[PDB]
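Overview of a structure with Bestatin.
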Amino acid sequence: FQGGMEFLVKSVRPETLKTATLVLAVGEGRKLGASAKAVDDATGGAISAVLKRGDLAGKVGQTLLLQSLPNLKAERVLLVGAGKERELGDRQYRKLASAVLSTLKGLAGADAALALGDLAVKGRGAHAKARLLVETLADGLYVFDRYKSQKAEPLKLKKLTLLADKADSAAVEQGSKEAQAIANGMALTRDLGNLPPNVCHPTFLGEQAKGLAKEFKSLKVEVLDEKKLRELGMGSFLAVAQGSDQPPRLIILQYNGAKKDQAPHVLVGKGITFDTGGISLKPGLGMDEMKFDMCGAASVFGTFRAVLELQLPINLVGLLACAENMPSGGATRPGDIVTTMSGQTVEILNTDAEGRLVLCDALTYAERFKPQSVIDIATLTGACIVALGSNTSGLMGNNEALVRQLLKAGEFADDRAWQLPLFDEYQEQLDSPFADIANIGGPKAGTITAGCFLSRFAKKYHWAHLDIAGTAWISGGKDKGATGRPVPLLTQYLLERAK
Amino acid sequence: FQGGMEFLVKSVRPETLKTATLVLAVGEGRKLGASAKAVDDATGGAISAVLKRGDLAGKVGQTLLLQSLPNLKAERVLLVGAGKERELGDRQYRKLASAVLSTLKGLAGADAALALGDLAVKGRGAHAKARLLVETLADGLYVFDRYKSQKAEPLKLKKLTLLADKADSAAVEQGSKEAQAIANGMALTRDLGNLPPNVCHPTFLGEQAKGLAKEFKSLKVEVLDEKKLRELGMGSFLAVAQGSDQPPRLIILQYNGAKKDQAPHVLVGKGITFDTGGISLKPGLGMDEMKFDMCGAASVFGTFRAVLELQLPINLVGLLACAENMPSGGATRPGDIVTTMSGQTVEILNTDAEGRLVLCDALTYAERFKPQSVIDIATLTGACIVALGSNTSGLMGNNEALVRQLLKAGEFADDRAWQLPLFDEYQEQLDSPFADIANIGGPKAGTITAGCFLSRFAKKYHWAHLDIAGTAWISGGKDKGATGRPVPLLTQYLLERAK
Amino acid sequence: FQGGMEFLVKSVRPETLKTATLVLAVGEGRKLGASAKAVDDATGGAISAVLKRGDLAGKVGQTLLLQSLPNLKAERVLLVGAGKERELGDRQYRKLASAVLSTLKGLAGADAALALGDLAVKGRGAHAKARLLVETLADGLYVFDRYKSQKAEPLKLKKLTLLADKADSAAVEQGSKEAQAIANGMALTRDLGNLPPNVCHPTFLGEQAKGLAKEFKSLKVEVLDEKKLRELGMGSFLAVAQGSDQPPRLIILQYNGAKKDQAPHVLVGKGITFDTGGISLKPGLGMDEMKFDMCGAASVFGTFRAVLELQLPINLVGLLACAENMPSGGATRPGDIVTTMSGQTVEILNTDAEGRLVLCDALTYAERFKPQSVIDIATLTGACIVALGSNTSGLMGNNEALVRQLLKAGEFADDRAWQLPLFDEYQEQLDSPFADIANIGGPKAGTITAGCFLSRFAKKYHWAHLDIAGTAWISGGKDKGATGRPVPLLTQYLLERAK
Ligand SMILES: CC(C)C[C@H](NC(=O)[C@@H](O)[C@H](N)Cc1ccccc1)C(=O)O
Ligand SMILES: CC(C)C[C@H](NC(=O)[C@@H](O)[C@H](N)Cc1ccccc1)C(=O)O
Ligand SMILES: CC(C)C[C@H](NC(=O)[C@@H](O)[C@H](N)Cc1ccccc1)C(=O)O
Ligand SMILES: [Mn+2]
Ligand SMILES: [Mn+2]
Ligand SMILES: [Mn+2]
Ligand SMILES: [Mn+2]
Ligand SMILES: [Mn+2]
Ligand SMILES: [Mn+2]
């Protein structure tokens with residue numbers, strides 16, 4: 001998705017700014033903040049006169065669109081309700097921004113100017129509000145129509161101006177710049193997740209990574225095929241892949257924005273391009289949504305895309321463990337025992353617990369980078385949706401400082417996670433009479449035991465695990481599709497590590 | 001269960017103490033701590049001579065039983081392995097204690113003396129180790145054989161002596177005293193949970209509370225019947241009860257150990273004496289375990305029993321909301337709408353979400369006590385077992401300080417909980433087109449939305465919610481039955497509030 | 001729901017009419033019909049000037065709201081898109097009307113004037129368009145908030161004026177009058193369906209019928225209790241009811257608008273106020289929607305309400321067979337054999353096929369009225385949703401002319417049905433080795449065999465059967481609730497019979 005929206009920050013007077021649409025906030029009770037009052041005064045009270053008619057109650061997201069008003073250079077004035085509180089929460093601020101965007105998308109105006117600086121958002125200053133506002137606007141422009149014969153009508157809206165006080169403009173510009181890069185990374189993530197699995201297979205993802213290296217000269221890419229995986233001894237990764245006609249790929253992304261002495265941060269992504277379950281076959285209902293089972297790997301693409309645009313001074317490694325999980329006459333069977341890269345043997349009791357089998361070999365591979373943090377991202381357990389639903393990612397890890405850094409990043413990004421414990425008592429659920437580890441722990445604590453399985457391959461470094469099974473996509477309705485989460489959390493984490 | 005084990009703390013020399021069995025720890029490699037070395041020296045090296053034969057590797061919990069040794073007044077010497085580490089974890093310490101207890105139960109000795117003061121446990125001093133050791137021993141003596149025609153053979157073991165240094169003896173005695181009271185409360189809790197539902201119905205629990213008031217003059221009890229519930233307007237509590245022939249009971253326990261000016265702590269317990277699911281009937285498999293669905297209420301009994309024995313200087317209120325959930329020609333139907341005590345209307349979409357319907361009316365009732373904390377305890381969601389398994393209780397609440405106090409208490413007691421978030425975004429899952437609240441939130445985030453439902457009745461005070469669906473009992477095997485959790489967490493919380 | 005919207009038909013010029021909001025249609029390409037052109041000319045081209053800006057593409061249902069325009073007496077002008085075709089279909093016309101209504105509901109205007117006479121709708125003249133438009137508007141005003149503590153904000157909109165040419169005004173007024181009565185009947189139907197089953201039980205429906213007789217002196221009501229049903233020998237009706245604490249009711253409505261020599265039309269409605277399935281218990285998931293299992297009976301209420309308002313010259317009888325289907329220690333069992341009123345014995349193989357057991361006794365009862373048509377209406381089979389979905393009712397009968405009359409009525413009302421065959425070959429699926437009829441026919445042709453069962457009680461008159469299991473309510477989402485169908489079909493059928 002080409003994006004291309006221009007976001008500008010300006011400190012000019014709203015009431016003399018030439019624009020197709022000037023956007024103003026209105027509180028409940030027809031109450032007017034400083035910017036809206038100044039525009040109203042410029043029109044001679046035309047805005048307060050309309051509001052007195054009572055059509056706009058001022059609840060968050062309600063709108064009233066006015067045409068040409070006296071003495072303004074704005075062709076239209078859009079009023080958006082901001083509720084009755086002095087301070088909006090994050091959800092309300094996003095809802096207001098989305099309501100503005102939805103109106104602007106349907107207009108023929110080529111630009112709009114947002115005079116929303118008077119809004120207050122709990123716990124967020126100028127930079128933090130700009131981060132949320134611009135990310136919501138930019139990501140709200142995302143369109144996936146690759147396989148529609150009838151394409152979307154192109155938007156007339158090509159430019160958005162954020163009006164800010166001179167004292168705040170530098171922070172608003174910084175927030176906008178960071179949010180745009182995050183949303184650009186989100187768009188790549190969403191594209192890859194949304195692509196169907198007959199197109200987006202492991203080989204395709206390897207070519208996508210080579211494409212990203214053509215676009216960004218600071219990125220180096222290596223794509224390893226099944227011969228190299230066998231050379232490296234990644235027996236559990238290969239066990240997942242062997243049932244499919246599609247070969248697996250381990251994609252290595254490397255970006256060196258800091259000095260050679262700075263240890264890298266490693267992102268490990270689950271790239272299961274389609275998960276049938278294998279011989280442990282899934283039910284048919286909703287199985288199409290397993291095209292999103294590579295969204296962990298896609299979020300590594302997207303985080304790299306944001307970091308490469310921002311040119312952050314950090315050293316970053318991405319490992320995308322990509323395979324397709326299929327039934328066949330040569331597929332892995334329940335009860336197979338394999339030897340992982342690490343040398344630990346694994347009894348594969350259920351071939352639908354396959355993401356942890358490609359991830360564990362990638363976690364062993366990650367040791368060579370002498371990393372200062374390793375984060376894996378995976379659409380890993382249905383149990384995580386039972387535990388935390390569709391709006392909060394599960395988070396687990398072996399280092400409290402890293403876990404806290406990721407939680408803090410998710411809070412700032414409003415792309416939240418929540419820690420679940422890896423108490424040693426859970427580990428015995430993975431005991432196998434036949435191997436070093438079983439790949440399932442039974443019906444109890446499923447998100448945790450999956451994290452426990454992964455932890456056995458991450459003991460040599462500081463590691464965390466994001467289970468995005470609930471947050472990586474929307475299952476149904478008009479908005480079915482990949483979300484791009486957790487690119488905002490991950491990019492925020494890296495922004496903080498880059499300071 | 002009458003208990004009756006005598007726990008004594010003494011500071012005498014182990015090698016001259018008259019006892020049926022002297023218990024000593026042995027490390028891996030036949031290594032001997034200070035107490036064991038002193039006993040060995042007293043026997044002229046008889047213990048190190050035996051250990052040299054190699055039968056006891058010294059792994060945690062392994063045992064070797066010796067008879068009469070030279071120059072000792074101990075009739076027997078029990079060696080128990082303590083592993084290879086300088087410091088045991090909590091799990092290892094419990095395992096060692098249980099191994100000792102299992103051996104002693106099978107001997108004809110009338111007492112045993114534990115010379116285990118040399119063991120180190122990570123993060124635990126004398127008092128904290130005594131708390132864990134004595135609770136494990138005392139609770140390990142629990143027996144439920146009420147309906148067995150062949151009763152357990154009575155134990156010969158009637159006395160346990162803990163040997164401690166003079167400088168540690170006061171802390172060991174304090175820990176022992178507190179642990180015994182906790183285990184006594186646990187025994188009452190376990191008895192009530194284990195009793196079958198044709199015996200332990202709401203009326204029976206009301207009589208149990210009157211029995212507890214006869215035993216403890218500091219306790220006052222009121223038992224409210226269905227006429228009083230209707231007078232109070234508890235429409236959702238009554239909706240759960242109406243399908244059953246057994247009438248409901250709201251049991252009120254009050255203990256005033258502090259001055260009248262000290263606001264009380266309120267414990268609210270789910271007392272569903274059997275949960276068939278109602279019209280939303282449960283499957284038959286394992287449904288017998290729903291006799292444990294009153295374990296939340298039973299843990300309020302048990303916590304009171306511990307507090308009453310210890311005479312803690314706190315003001316404590318217990319509210320046990322007791323009903324039986326049955327199908328019948330007059331039972332509540334899916335789609336019924338009722339008015340709670342609070343005035344909020346609830347659409348009962350699923351009659352198997354019944355615990356929250358008796359709890360919410362009890363939470364409204366709790367307002368009259370002007371409490372400084374309100375904790376409800378409930379075997380509330382199967383989703384909590386998916387999220388946190390059988391060993392960690394789910395914890396939710398509306399006050400961060402209270403939540404942290406409960407987590408800290410569970411850590412100290414080794415009866416741990418884990419917080420799940422009540423983010424406002426989850427609340428919309430309870431939206432009903434027909435009432436103020438629906439009683440279910442769907443397949444996503446089931447433990448959280450149950451907590452969200454309860455939170456709507458707890459806004460007037462500091463409140464937390466413990467979902468013990470996984471921790472309140474053991475489902476199968478030789479040890480099937482109620483655990484008594486979370487009496488240790490709750491009593492520890494109150495001990496800390498009483499300082 | 002009190003309704004109360006005033007619908008007026010006027011033939012005045014739109015451009016001089018005083019109104020809070022004047023509504024005009026705009027075609028794709030900014031094309032203007034006669035009324036819209038006349039208003040535009042009155043403003044000096046202000047409307048075409050705005051449209052030239054391009055914000056309103058003119059797709060069906062899109063809107064653009066203007067404030068005060070030059071030389072108009074309308075405070076606001078609402079433009080609504082009408083698409084690119086010369087003629088709208090029924091669905092498009094409804095969508096346009098709903099879009100207008102949704103906008104008007106959010107404005108503070110006390111009235112609105114619709115200048116939509118220039119719209120063409122395929123196959124519909126002035127009267128038929130008014131029927132669809134006014135029914136959509138009036139039914140779109142329905143609100144059910146009985147058990148919400150926070151009530152809906154009252155609408156400012158209290159009056160809608162339909163502008164029509166003088167030559168069309170009589171037909172528009174007639175269509176409006178009929179549509180308002182249909183929507184008023186729909187509102188009663190929807191209220192009863194939406195009421196929860198602990199409130200809306202058979203006794204309650206009997207009192208509702210007495211209430212309707214207080215409002216309409218032309219209506220006579222008799223309510224028969226279980227003693228009378230037993231006297232009449234309705235063994236299958238009583239078999240359904242016996243498991244519940246709620247007694248059954250047979251409600252008889254009689255309206256004599258024609259001469260005594262005119263044979264009556266009889267409407268028979270399934271009034272199962274809640275369907276648990278009985279001993280053949282339903283699964284828990286979605287079972288709350290069985291509060292809509294009395295929507296057949298509710299549609300008889302609603303059709304009577306429309307006929308009574310219109311004072312149609314017909315003789316009409318309503319039979320509401322009302323019971324609650326519950327499990328209990330006295331409930332009917334699978335394998336029970338009962339004797340129906342007709343004397344035919346029925347083997348009740350499945351207690352969840354209960355609607356046909358109350359209907360068949362009511363169909364025998366209907367014989368006494370010497371009817372010229374008998375129509376039963378029932379939320380009868382899940383198979384009907386498999387066959388015809390949620391938008392088309394299933395229709396079956398023993399008389400081709402009656403079936404065709406009902407199909408024609410559903411087409412005119414845009415509340416369509418579709419015939420399924422009652423070929424004699426299907427009848428053998430109801431053979432029982434033990435009784436005259438089994439109450440189920442197995443997994444094949446479930447909607448048809450239910451109709452076949454009913455047909456065995458309707459041989460003495462011209463009879464049809466509407467299976468509204470899919471059309472009587474909306475299952476989920478924001479708009480969950482009763483629809484009021486098939487009141488429009490039934491009232492249209494009676495309007496045609498009254499000519
Ligand atoms: C076999 C089980 C122990 C593990 C299993 N996990 C998987 O199948 C993963 O590979 C799935 N990719 C997890 C998943 C399933 C449905 C929706 C979102 C995410 C699961 O059922 O969660
Ligand atoms: C209907 C659902 C929203 C809620 C439902 N909860 C219940 O049935 C509770 O009343 C049960 N007492 C919860 C439970 C079930 C099995 C094992 C332990 C605990 C559940 O399935 O968890
Ligand atoms: C037992 C079967 C032969 C008949 C059975 N019918 C019923 O249960 C009716 O009483 C139901 N009221 C039919 C129904 C079910 C679900 C949604 C809408 C309507 C059915 O399953 O359709
Ligand atoms: Mn899988
Ligand atoms: Mn998977
Ligand atoms: Mn239940
Ligand atoms: Mn329960
Ligand atoms: Mn049924
Ligand atoms: Mn039914």
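Proteins come first, then strands; the chains are lettered A, B, ... in the order of their sequence lines, and each starts at number 1. Values below: every heavy atom of this structure, side chains too, minus hydrogens, waters and symmetry copies. One-based numbering, in listed order, for ligands and for the atoms of each. According to its header, this structure was worked out by X-ray crystallography, 1.7 Å. The structure has been trimmed to a portion of the entry, and contacts are counted only among what remains.
In this structure, the ligands or chains belonging to Bestatin are ligands 1, 2 and 3. The main binding partner of Bestatin (ligand 1) here is, in the terms of UniProt, Probable cytosol aminopeptidase. Other chains whose heavy atoms approach Bestatin (ligand 1) within less than 4.0 Å: A.
Lab note: per PDB, source of chain A = Pseudomonas aeruginosa PA14. Proximity of A:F292 to Bestatin (ligand 1), defined as any heavy-atom pair under 4.0 Å, is not found for any part of the residue. Atom 21 (O) of Bestatin (ligand 1) lies below 4.0 Å from none of the non-hydrogen atoms of the protein. Atoms of Bestatin (ligand 1) found under 4.0 Å from any heavy atom of A:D275, numbered from 1 in the order shown, are 8 (O), 9 (C), 10 (O), 11 (C), 12 (N). Within the set A:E354, A:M290, A:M287, the minimum heavy-atom distance to atom 17 (C) of Bestatin (ligand 1) is found for A:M290.
Proximity by heavy atom, under 4.0 Å to Bestatin (ligand 1), holds for these of the UniProt Mn(2+)-binding residues in chain A: A:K270, A:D275, A:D293, A:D352, A:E354. Among all protein heavy atoms, the one lying closest to atom 7 (C) of Bestatin (ligand 1) is A:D352 O, 3.2 Å. With a heavy-atom cut-off of 4.0 Å, A:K270 touches Bestatin (ligand 1) through its side chain alone. Short-range neighbours of Bestatin (ligand 1) under 4.0 Å, ligands and ions only: ligand 4 (manganese (II) ion), ligand 5 (manganese (II) ion). Atom 11 (C) of Bestatin (ligand 1) lies below 4.0 Å from at least one non-hydrogen atom of the protein. Those atoms of Bestatin (ligand 1) with a heavy atom of A:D293 less than 4.0 angstrom away are 12 (N). Distance from atom 14 (C) of Bestatin (ligand 1) to its nearest protein heavy atom, with residue and atom name: A:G382 N, 4.0 Å. Comparing A:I440, A:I272, A:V240, A:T379 by heavy-atom distance to atom 3 (C) of Bestatin (ligand 1), the nearest is A:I440. Taking a 4.0 Å cut-off on heavy atoms, A:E289 fails to register as neighbouring Bestatin (ligand 1).
Atoms of Bestatin (ligand 1) found under 4.0 Å from any heavy atom of A:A469 (numbered from 1 in listed order, with element): 18 (C), 19 (C). Among all non-hydrogen protein atoms, the one lying nearest atom 4 (C) of Bestatin (ligand 1) is A:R356 NH2, 3.8 Å. Heavy atoms of A:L380 found under 4.0 angstrom from Bestatin (ligand 1) belong exclusively to the backbone.
Not a single heavy atom of A:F274 sits less than 4.0 Å from an atom of Bestatin (ligand 1). Heavy-atom proximity to A:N350, at under 4.0 Å, picks out these atoms of Bestatin (ligand 1): 1 (C). Among the UniProt active-site residues of chain A, the one closest to Bestatin (ligand 1) by heavy-atom distance, rounded to 1 Å, is A:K282, 3 Å.
Using a 4.0 Å heavy-atom cut-off, the binding site of Bestatin (ligand 1) is formed by A:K270, A:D275, A:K282, A:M290, A:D293, A:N350, A:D352, A:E354, A:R356, A:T379, A:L380, A:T381, A:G382, A:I440, A:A469, A:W473.
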